[PDB]
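In the model that follows, one finds selgantolimod.
Chain letters run A, B, ... following the sequence lines, proteins first, then strands; residues in each count from 1. Heavy-atom basis, side chains included; hydrogens, waters and symmetry copies ignored. Counting starts at 1 for both ligands and their atoms, in listed order.
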Amino acid sequence: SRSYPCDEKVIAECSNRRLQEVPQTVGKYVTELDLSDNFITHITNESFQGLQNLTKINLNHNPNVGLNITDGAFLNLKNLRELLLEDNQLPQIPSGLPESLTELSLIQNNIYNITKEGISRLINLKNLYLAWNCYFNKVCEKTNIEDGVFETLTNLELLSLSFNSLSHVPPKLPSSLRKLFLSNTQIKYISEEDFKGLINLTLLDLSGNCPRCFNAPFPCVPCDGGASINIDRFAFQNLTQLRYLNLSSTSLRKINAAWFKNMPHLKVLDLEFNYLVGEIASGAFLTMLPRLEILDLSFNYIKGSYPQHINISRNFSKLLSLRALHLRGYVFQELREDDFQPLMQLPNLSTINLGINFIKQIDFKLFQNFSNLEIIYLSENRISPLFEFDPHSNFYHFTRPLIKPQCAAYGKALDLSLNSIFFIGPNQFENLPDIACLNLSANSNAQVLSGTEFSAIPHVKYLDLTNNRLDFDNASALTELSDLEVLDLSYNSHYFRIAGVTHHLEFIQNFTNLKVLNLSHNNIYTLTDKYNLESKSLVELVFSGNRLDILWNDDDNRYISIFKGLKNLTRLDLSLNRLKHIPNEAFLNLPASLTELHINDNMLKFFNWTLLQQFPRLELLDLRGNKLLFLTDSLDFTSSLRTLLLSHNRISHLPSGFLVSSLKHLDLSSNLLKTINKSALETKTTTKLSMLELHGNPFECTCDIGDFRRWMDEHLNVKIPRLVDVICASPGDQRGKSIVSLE
Amino acid sequence: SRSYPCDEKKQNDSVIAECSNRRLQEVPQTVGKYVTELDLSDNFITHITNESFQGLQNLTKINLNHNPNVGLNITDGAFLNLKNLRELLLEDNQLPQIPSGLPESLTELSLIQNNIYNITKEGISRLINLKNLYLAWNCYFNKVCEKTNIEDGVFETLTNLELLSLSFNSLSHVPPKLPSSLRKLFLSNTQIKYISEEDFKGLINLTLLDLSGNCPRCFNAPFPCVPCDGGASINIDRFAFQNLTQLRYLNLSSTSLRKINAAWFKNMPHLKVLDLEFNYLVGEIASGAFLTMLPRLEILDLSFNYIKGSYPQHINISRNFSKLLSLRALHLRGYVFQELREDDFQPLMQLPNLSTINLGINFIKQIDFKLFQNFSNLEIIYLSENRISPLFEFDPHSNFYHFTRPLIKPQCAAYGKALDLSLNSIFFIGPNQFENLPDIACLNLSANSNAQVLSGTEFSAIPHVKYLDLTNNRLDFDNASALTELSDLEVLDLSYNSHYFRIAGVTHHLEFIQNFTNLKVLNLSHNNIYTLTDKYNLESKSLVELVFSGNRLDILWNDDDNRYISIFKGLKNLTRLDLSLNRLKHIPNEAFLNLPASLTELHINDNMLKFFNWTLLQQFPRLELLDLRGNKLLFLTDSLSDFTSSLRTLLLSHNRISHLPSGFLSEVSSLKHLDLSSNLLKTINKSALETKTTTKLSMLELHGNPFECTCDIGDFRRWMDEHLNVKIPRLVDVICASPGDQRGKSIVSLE
Ligand SMILES: *[C@@H]1O[C@H](CO)[C@@H](O[C@@H]2O[C@H](CO)[C@@H](O[C@@H]3O[C@H](CO[C@H]4O[C@H](CO)[C@@H](O)[C@H](O)[C@@H]4O)[C@@H](O)[C@H](O)[C@@H]3O)[C@H](O)[C@H]2NC(C)=O)[C@H](O)[C@H]1NC(C)=O
Ligand SMILES: *[C@@H]1O[C@H](CO)[C@@H](O[C@@H]2O[C@H](CO)[C@@H](O[C@@H]3O[C@H](CO)[C@@H](O)[C@H](O)[C@@H]3O)[C@H](O)[C@H]2NC(C)=O)[C@H](O)[C@H]1NC(C)=O
Ligand SMILES: *[C@@H]1O[C@H](CO)[C@@H](O[C@@H]2O[C@H](CO)[C@@H](O[C@@H]3O[C@H](CO)[C@@H](O)[C@H](O)[C@@H]3O)[C@H](O)[C@H]2NC(C)=O)[C@H](O)[C@H]1NC(C)=O
Ligand SMILES: *[C@@H]1O[C@H](CO)[C@@H](O[C@@H]2O[C@H](CO)[C@@H](O[C@@H]3O[C@H](CO)[C@@H](O)[C@H](O)[C@@H]3O)[C@H](O)[C@H]2NC(C)=O)[C@H](O)[C@H]1NC(C)=O
Ligand SMILES: CCCC[C@](C)(CO)Nc1nc(N)nc2cc(F)cnc12
Ligand SMILES: CCCC[C@](C)(CO)Nc1nc(N)nc2cc(F)cnc12
Ligand SMILES: *[C@@H]1O[C@H](CO)[C@@H](O)[C@H](O)[C@H]1NC(C)=O
Ligand SMILES: *[C@@H]1O[C@H](CO)[C@@H](O)[C@H](O)[C@H]1NC(C)=O
Ligand SMILES: *[C@@H]1O[C@H](CO)[C@@H](O)[C@H](O)[C@H]1NC(C)=O
Ligand SMILES: *[C@@H]1O[C@H](CO)[C@@H](O)[C@H](O)[C@H]1NC(C)=O
Ligand SMILES: *[C@@H]1O[C@H](CO)[C@@H](O)[C@H](O)[C@H]1NC(C)=O
Ligand SMILES: *[C@@H]1O[C@H](CO)[C@@H](O)[C@H](O)[C@H]1NC(C)=O
């Protein structure tokens, strides 16, 4: 049958549905139940009375804008393995939890007391998350950890107590632990006893203890006098399995090399937001990490200091397994070749990260002297022409890839974005490696590209030129990049805005391998001499955020064939072009090779459906966010349409038998359908419709809805998502309830 | 006595009825019988007949433009029942012909943007009182049209015609037999290749002649452009303007002129404005004998005369330019040249009244700024949109070849000499960028991608700037002495400088605001401010208006952080504060109580507020305007009168208020303007309509509410009847939503 209120694929997706109590209509065979972001206020032993096969329960953020849990409310669920109770304003750990629990997360509550009565019986616990309960300027209490409360959990592998006021590492920790998170715990001193027996530990996070608070984007409290964290010389002597060490924001001025004497597997060392400029120049500890792969030393700048060069110790040459060196926020003016000599013979160093250093000039000749550089990240510098925090993410840096993977996959990547290379000189890219991926976005480049600017790096396959002010006055622009496959020219509207200047786009045709071209948000409304775009290779063209409403206006025919010359085109995005109307000849001149057409977010008051006959490969047609009022009677016009997106229009009536042929996905949500008559379901053929979206329609829940209700019951192969949002607008006794909950 | 469907206003004892854009299908017969001016524009009216305007005889002007909205059938003599109509507006109506039977009373008739290709004598020659006749934009561009047939001598009868505009129709020749009463003649884009002597021989009182767009310059045209055979110039004879002694405006833009006959201007010594845009006059600008024949010329526009494919080192200005002693503004856009030296503008430096020089869109790379000091009195130096580096889609009522907007915003130019360097690439300001400059009072450095750390010495050479535009840059605020050398600075615009503000790891210092004694207006909008360094408060004993829209007060006033709780309190003189577009889901009670008590205007619109602590208004005794539009407010307070004695305007549109609290229109007798439009009000019952008191409530907006139009409405309906002093705008949109018998229907339309 059709599940309600949840969607059961056995997991029951039942989140964000404005539920006020645990639904009693959940299938008795569900394995995992996700009830997050609902308005649930109480949990008793009757709430999950019929779901004894439950292993995972998600009750995060309830009620959405506290959660009362009775003692033993979960006790009857003897298969409950994972219980997520985040953002519930819980004042205590819930009493009488099932001993079958292996993962429990109480992140972001008001729990200031970790008691034996609450935790010391869940001896099967492997992951325990208690982070973010008392932090910053929250009015809260210092965390009380009963002596030996974790001593019972002999199978505990992960313990997270970060962002609580602990002041001391808890004693009597089980030696089964592999990951210990103690970030922002006000722990000023690490004794020799604190981790004496954790011989299985692979991760240790002591970040944010005695923090560096200058320019902190959060309420920050330094240790007395901004002193360093006090780590005993033998505090790590038995952590021989450690792979991850996070010492970010611990006010370190000196790194004791003896910390790593017995740490042969250390792979990632985080040292952000310290005062390690002197250690970077000396680096006695660097001798001890020949297996280290990632070293983050970012934001160690000295306040008010803008040195001429970066001082990299020669001992960086001992990091023989280094693959990624992160040196953001060191702040220096010039990168000379000899400054990076200690790094030039590392065999696996493929990522160098020098973002946000206010570097004025770089001798790009030095990057060729490297063994295996794959990612050169120089974004956000000063190079000139030649609750607030996600508790489940990294706190001191974003974890997204430095360069988009679609660009980095082509080969070596150079990122010069967010600088002020406002024009490319003739020798800007001399003595560089064979760059395949180049990011020059947001440089305010206003120059006329002619066909020589990228001659020194002619093998670029993916070129990012977004957010500039490029001046297209040469038909030979970018033609020296004959192997170019992806070109991004989004947000270059500066000169396209001005009618009096020339706009030449003819260079598009001089490419044999160009596949992806993005001209979005350029305000294109006039072109010079050649009015048509032409390419025999181009596969995808993104033309959103332009003025096709002007290019195709009724008193102008020069642009009637603007896209016809894109003979290989399969994907075309015409969204956000302010189109109230598409001339029939202009639509008929779109490439017949199209398989995907987006005309969403315009102002289309009418769509000529019969013209679809000239597009036998059209699988996807996107017309969401328009003002369409009518559908065609005999959709005779296509045998290829698999997806029809029509949400946010003004359709008030559905044609007879519309629910067609190869249509598998039909989106009619957010329209003006009051009902779906029996005429629309009087289909001859057997339907292949697998998803039909109808939420947001002002359905009239009288007796006339019964014919469509039975159609739903007959076709359970047609998945109707968000049935809780397919809501009756009429009559008053049904306004607010789902159409599936009537007589 | 409340009007419907039109809004009947009053203007110097005249009666206007504003009835535009109301989805009307027929001309309403409920207008007042005293109305003199009726605006029925932008409706869905399809027919105009004998009976469409019965009994409305003081009617002097009618606006039927844009009908129907997204043709208009006018029957013969549908107006002649009138006796006083002087102005008839019939624009954009798809009329196939000039309507027949229009009254002899017409002094102005506008037929712009129709399908009229036949100017017959039946239609126009009977209207002896016509002063202005508009027929432009009927066959133009690639529109499927017909050539304009002008019946010979049809304008011969209108001996009172002062304005005739036939622009953007295919005329081929200047119409013969024009009445000598003509003072303005528009023949733009009319495919008139030749101007003979008989063409304007009899119009001795003409003050403007528009011949633009004939034999046009078609390169880079933003419209379908058809040049004369071989790109030839327009052919105007030597004596074509000999009898035009009263001409003050001459438009010859886009006529592909290569040479100008100086004798054309011999007998027009009063010519004030000469438009020569979009031609090929680079040679005439350097030689130019005609420049000696314009002694009273005040405005000379030579823009976009560039030679295609040419990028000369310097601009070549004839020394005969010094003969333009009455010149006030020189527009030299689109000349395209690399360098501006002081020797190149010597012919201009002795003109007494030259105040505006416009050099935009020239791709100038270097300018010797010392040349502007030698000018007698330059007030506007427009150098926007160049390449300086560190040292229907056309409005038928606007100019077709340039925008008529002021070059500098008037609020800036009012302070004195203005220098516009916007839209260049001055990405940092060197120690001598502004040396040898005049006493600049108004400086526009916007959109230069400037990433400099201002530190107090960048503007020393021009220390009397009162209005500084630094918008759309990437400024780096790491110095507390930034801009402090501009001691007289009164307006500082720092909009759209979010580049470094969004990076949490770099510093953001805003302490320099306090060092100004005369700063009145500060705009920090759309900067994404959410973290500051060291000092968390904005302080100024002079600041009057702070625009803080488009920032992140939702993060700054986060519940787990109190550092920014008094961010605005140190603005002791602040009277206007804009906190819109800050994604606020709630304001902490202590945060609102720390807003400056001197506030009279507070904007918190377009956020996400679901609750508002109305009690806190007790601490703002001068608050006159509270703008809470575009939020998610669910309730109103029982006790607004107990919380404020000063609030005059309360804007609450686009919220979720479904109930009006009892006694909401009495008691509060400082409130003149209450906006409850686009809310969730289903009814307003008698209890909220109590009036104890004085009630200064004058305006009450309610359109967009889903009104329950049963008999419960009846009491609010009769509250409207008994309170005509309360204007309720747009009754057409105060619409019943239920039941279906009255849906889509205005609430005054009911028994
Ligand atoms: C100090 O440095 C530490 C070492 O880098 C940081 O630790 C990391 O912390 C983040 C933030 O929570 C963790 O990220 C999460 O990991 C979980 C679990 O991931 C695993 O399992 C899933 C499927 O079960 C799998 O897909 C993943 O790839 C993992 O194998 C994710 O569910 C979250 O979405 C999020 O990614 C890291 O896992 C953790 N690193 C390690 C090695 O455990 C620590 O955050 C730093 N301290 C601060 C204050 O930032
Ligand atoms: C300019 O237009 C291009 C072409 O569409 C944009 O690039 C593309 O961005 C989409 C995301 O909208 C990428 O699709 C995705 O790939 C990921 C990773 O495999 C996948 O998980 C997603 O489901 C989705 O399929 C697409 O790969 C990417 N194409 C290329 C060649 O990079 C680009 O983002 C636009 N630029 C701007 C500034 O908007
Ligand atoms: C400093 O230079 C900048 C760059 O030219 C000036 O900005 C421009 O300002 C004008 C006037 O506000 C904008 O024009 C208008 O657009 C609005 C909305 O589209 C419209 O309602 C008005 O009728 C007018 O047409 C123009 O778009 C804008 N351009 C850019 C690129 O920002 C700025 O005004 C100058 N500052 C001073 C004090 O003069
Ligand atoms: C940055 O914020 C300032 C301060 O509000 C903005 O300036 C002001 O813009 C308003 C219009 O939004 C001007 O108001 C108007 O003045 C005209 C002319 O008198 C009047 O006809 C209107 O009814 C309205 O009252 C105001 O004068 C002006 N103030 C100043 C000192 O220039 C500015 O536009 C904002 N900048 C950006 C880029 O948003
Ligand atoms: C105002 C339009 C100039 C038209 C013309 C002559 C075309 O060649 N010139 C230039 N057009 C463009 N688009 N950019 C340039 C940049 C320069 F630095 C110099 N000249 C040009
Ligand atoms: C990573 C932020 C460094 C913070 C610190 C040391 C503040 O003094 N430095 C600079 N901060 C800012 N905001 N801008 C600059 C620009 C420069 F050219 C040089 N240094 C700075
Ligand atoms: C490190 O680089 C060398 C090249 O000298 C290569 O042989 C080796 O496989 C690399 N190591 C890893 C782990 O990729
Ligand atoms: C280029 O840099 C910009 C700015 O950092 C970034 O938004 C964009 O994703 C980058 N592009 C690629 C392909 O990495
Ligand atoms: C393109 O630029 C090159 C180099 O500046 C130039 O030689 C060529 O003429 C240009 N092509 C044009 C303007 O069509
Ligand atoms: C058409 O697109 C396909 C898919 O990328 C590509 O393989 C083919 O080469 C393109 N056609 C031409 C002529 O380049
Ligand atoms: C749809 O396009 C066809 C052209 O094939 C045309 O004949 C038809 O009139 C169009 N329909 C509408 C409603 O304009
Ligand atoms: C409004 O703020 C005051 C603080 O003066 C507080 O006492 C009151 O409870 C607040 N009201 C609401 C509804 O939060």
**Request:** Name each chain or ligand corresponding to selgantolimod, including duplicates.
**Result:** ligands 5 and 6
**Request:** List the macromolecule sharing the largest contact count with selgantolimod (ligand 6), named according to UniProt.
**Result:** Toll-like receptor 8
**Item:** Heavy-atom contacts under 4.0 Å with selgantolimod (ligand 6), by chain
**Value:** A, B
**Message:** What residues end up in the site of selgantolimod (ligand 6) at 4.0 Å, going by heavy-atom distances?
**Reply:** A:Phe299, A:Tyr301, A:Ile302, A:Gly304, A:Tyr306, A:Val331, A:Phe358, B:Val453, B:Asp476, B:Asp478, B:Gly505, B:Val506, B:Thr507
**Asked** Nearest protein heavy atom to atom 8 (O) of selgantolimod (ligand 6), by residue and atom, and its distance?
**Response** B:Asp478 OD2, 3.1 Å
**Protein contact of atom 3 (C) of selgantolimod (ligand 6) - nearest heavy atom, named by residue and atom, plus distance** = A:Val331 CG2, 3.6 Å
**Prompt:** In terms of atom number and element, which parts of selgantolimod (ligand 6) are under 4.0 angstrom from non-hydrogen atoms of B:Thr507?
**Reply:** 7 (C), 11 (N), 12 (C), 13 (N)
**Message:** Looking only at protein heavy atoms, which one is nearest to atom 13 (N) of selgantolimod (ligand 6), and what is the separation?
**Reply:** B:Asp476 OD1, 2.8 Å
**Asked** What residue and atom, counting heavy atoms only, is the protein's closest point to atom 6 (C) of selgantolimod (ligand 6), and at what distance?
**Response** A:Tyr301 CD1, 3.4 Å
**Request:** Just need the protein heavy atom nearest to atom 17 (C) of selgantolimod (ligand 6), so name the residue and atom and give the distance.
**Result:** A:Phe358 CG, 3.6 Å
**Prompt:** With atoms numbered from 1 as shown, which atoms in selgantolimod (ligand 6) lie under 4.0 angstrom from a non-hydrogen atom of A:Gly304?
**Reply:** 6 (C), 8 (O)
**Prompt:** Going by the order shown, which atoms of selgantolimod (ligand 6) are within less than 4.0 Å of some heavy atom of A:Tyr306?
**Reply:** 18 (F), 19 (C)
**Message:** Using a 4.0 Å cutoff against the non-hydrogen atoms of B:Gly505, which atoms of selgantolimod (ligand 6) qualify?
**Reply:** 1 (C), 2 (C)
